[PDB]
**Q** 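Entry of interest: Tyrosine-protein kinase JAK2 complexed with baricitinib.
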Amino acid sequence: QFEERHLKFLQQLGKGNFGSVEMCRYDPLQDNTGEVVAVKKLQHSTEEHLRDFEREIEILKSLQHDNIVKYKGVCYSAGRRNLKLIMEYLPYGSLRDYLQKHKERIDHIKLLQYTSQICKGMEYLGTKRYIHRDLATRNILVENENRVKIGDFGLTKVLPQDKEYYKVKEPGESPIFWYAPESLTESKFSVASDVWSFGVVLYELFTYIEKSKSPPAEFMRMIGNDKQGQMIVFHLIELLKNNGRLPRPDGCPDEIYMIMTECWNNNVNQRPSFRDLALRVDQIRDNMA
Ligand SMILES: CCS(=O)(=O)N1CC(CC#N)(n2cc(-c3ncnc4[nH]ccc34)cn2)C1
């Protein structure tokens, strides 16, 4: 539904290997009245990455929720080459950058509002049997000061109809410091591993994205900054197997840290549900108010 000739590039909003997102104006009348949109494209579009991208687009189109970024459409040139995903543009960028840049004005009650919205989005995913696999504040977007949305679904998988986990090992770097132990050891991803990652997101929020307090920084100190290459993963596994954990962030109340530590249960089946997480967070919010 979008013609590429009418997409006007404004700036880059994000870039990894395999993908990037741009701020563009969609201006079919060419009179500078069109709306600004976000445009995701692949960076090294192998056929495998293209099939994954088409599945990612279908997943996002199937999702309709206040805390999930809105699908708008697709754009392609020359037959169907250089597929692009069109999404609503959210003006405050990623929650990671937003929180870092406005930490002095964002209090704990606001952090818990964001936490509750992220839980509701994840519960919605879970009802569709979708496993996100990449939950992190860098993949959460800020629509306004009172509303956040899960913003990227590049790694999201649909569970088989007969199993409660999905096994996958992607070649390349993996956000291992957000991964549940069974995801590190067995490449097993589930609603429960998303819950483990959600605990890491909650940690991130209460660190306010302070430099040396990031999960990678804290875990690398705990295993020794000398560890190199593959040993990193091995040592992380051993650390988590012995119940090594990220510390309580400065100023974090004990009850919030306790939500984190319960998400970080080595026993997959004893981690809370996203509905229970939302319930506990919302009760704490109400107590604070
Ligand atoms: C895999 C690296 S990436 O470039 O594809 N990636 C997605 C990313 C993280 C998230 N979410 N990103 C999205 C935006 C963004 N900003 C403003 N409005 C928006 N609408 C839809 C996306 C969006 C900014 N960064 C950075």
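Residue numbers count from 1 along this sequence. Counting starts at 1 for both ligands and their atoms, following the listed order. Worth knowing before you read on, the calculation uses all heavy atoms, side chains too, and leaves out hydrogens, waters and symmetry mates.
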**Q** Please list the nearest protein heavy atom to atom 12 (N) of baricitinib with its residue and the distance rounded to 0.1 Å.
**A**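 So the nearest neighbour among protein heavy atoms is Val21 CG2, 4.3 Å.
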**Q** Would you kindly specify which portion of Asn139 sits under 4.0 Å from baricitinib, judged on non-hydrogen atoms: side chain, backbone, both or neither?
**A**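 Under 4.0 Å from baricitinib, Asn139 contributes backbone and side-chain atoms.
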**Q** If you have a sec, work out which protein heavy atom is nearest atom 11 (N) of baricitinib and how many Å separate them, to one decimal?
**A**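 Ranked first by proximity to atom 11 (N) of baricitinib is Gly151 C, 3.3 Å.
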**Q** At what distance is the nearest protein heavy atom to atom 18 (N) of baricitinib, and which residue and atom is it?
**A**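 Atom 18 (N) of baricitinib sits closest to the protein heavy atom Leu90 N, 3.1 Å.
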**Q** Please list the nearest protein heavy atom to atom 26 (C) of baricitinib with its residue and the distance rounded to 0.1 Å.
**A**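 Closest protein heavy atom to atom 26 (C) of baricitinib: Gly14 CA, 4.1 Å.
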**Q** Which of the numbered atoms in baricitinib are below 4.0 angstrom from a heavy atom of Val69?
**A**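 Answer for baricitinib: 20 (N), 21 (C).
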**Q** Heavy-atom contacts under 4.0 Å between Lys15 and baricitinib: side chain, backbone, both, or neither?
**A**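 It is the backbone that gets close, since no side chain atom is under 4.0 Å.
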**Q** Which of the numbered atoms in baricitinib are below 4.0 angstrom from a heavy atom of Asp152?
**A**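 It comes down to these atoms of baricitinib: 7 (C), 10 (C), 11 (N).
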**Q** Could you check atom 10 (C) of baricitinib against the protein and tell me its nearest heavy-atom contact, residue, atom and distance included?
**A**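 Looking only at protein heavy atoms, the one closest to atom 10 (C) of baricitinib is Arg138 O, 3.4 Å.
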**Q** Return the closest protein heavy atom for atom 20 (N) of baricitinib as residue, atom name and distance.
**A**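 Looking at atom 20 (N) of baricitinib, the protein heavy atom closest to it is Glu88 O, 2.7 Å.
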**Q** Could a heavy atom of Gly154 be found less than 4.0 Å from some atom of baricitinib?
**A**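 No.
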**Q** I need the atoms of baricitinib closer than 4.0 Å to a non-hydrogen atom of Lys40, numbered in the order shown.
**A**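 With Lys40 as reference, the close atoms of baricitinib come out as 5 (O).
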**Q** Among all protein heavy atoms, pick the one closest to atom 25 (N) of baricitinib and tell me residue, atom and distance.
**A**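 Nearest neighbour among protein heavy atoms for atom 25 (N) of baricitinib, to 0.1 Å: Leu13 O, 3.9 Å.
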**Q** How does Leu141 reach baricitinib, by side chain, by backbone, by both or by neither, if only non-hydrogen atoms under 4.0 Å count?
**A**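 It is the side chain that gets close, since no backbone atom is under 4.0 Å.
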**Q** Nearest to atom 2 (C) of baricitinib, what protein heavy atom do you find, and at what distance?
**A**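 Of every protein heavy atom, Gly16 N, 3.4 Å lies nearest to atom 2 (C) of baricitinib.
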**Q** Just to confirm, does any protein heavy atom lie below 4.0 Å from atom 8 (C) of baricitinib?
**A**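 So atom 8 (C) of baricitinib lacks protein heavy-atom neighbours under 4.0 Å.
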**Q** Which residues are in the binding site of baricitinib, using 4.0 Å as the heavy-atom cut-off?
**A**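 Heavy-atom neighbours of baricitinib: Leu13, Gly14, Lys15, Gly16, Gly19, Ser20, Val21, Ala38, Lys40, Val69, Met87, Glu88, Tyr89, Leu90, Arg138, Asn139, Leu141, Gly151, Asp152.
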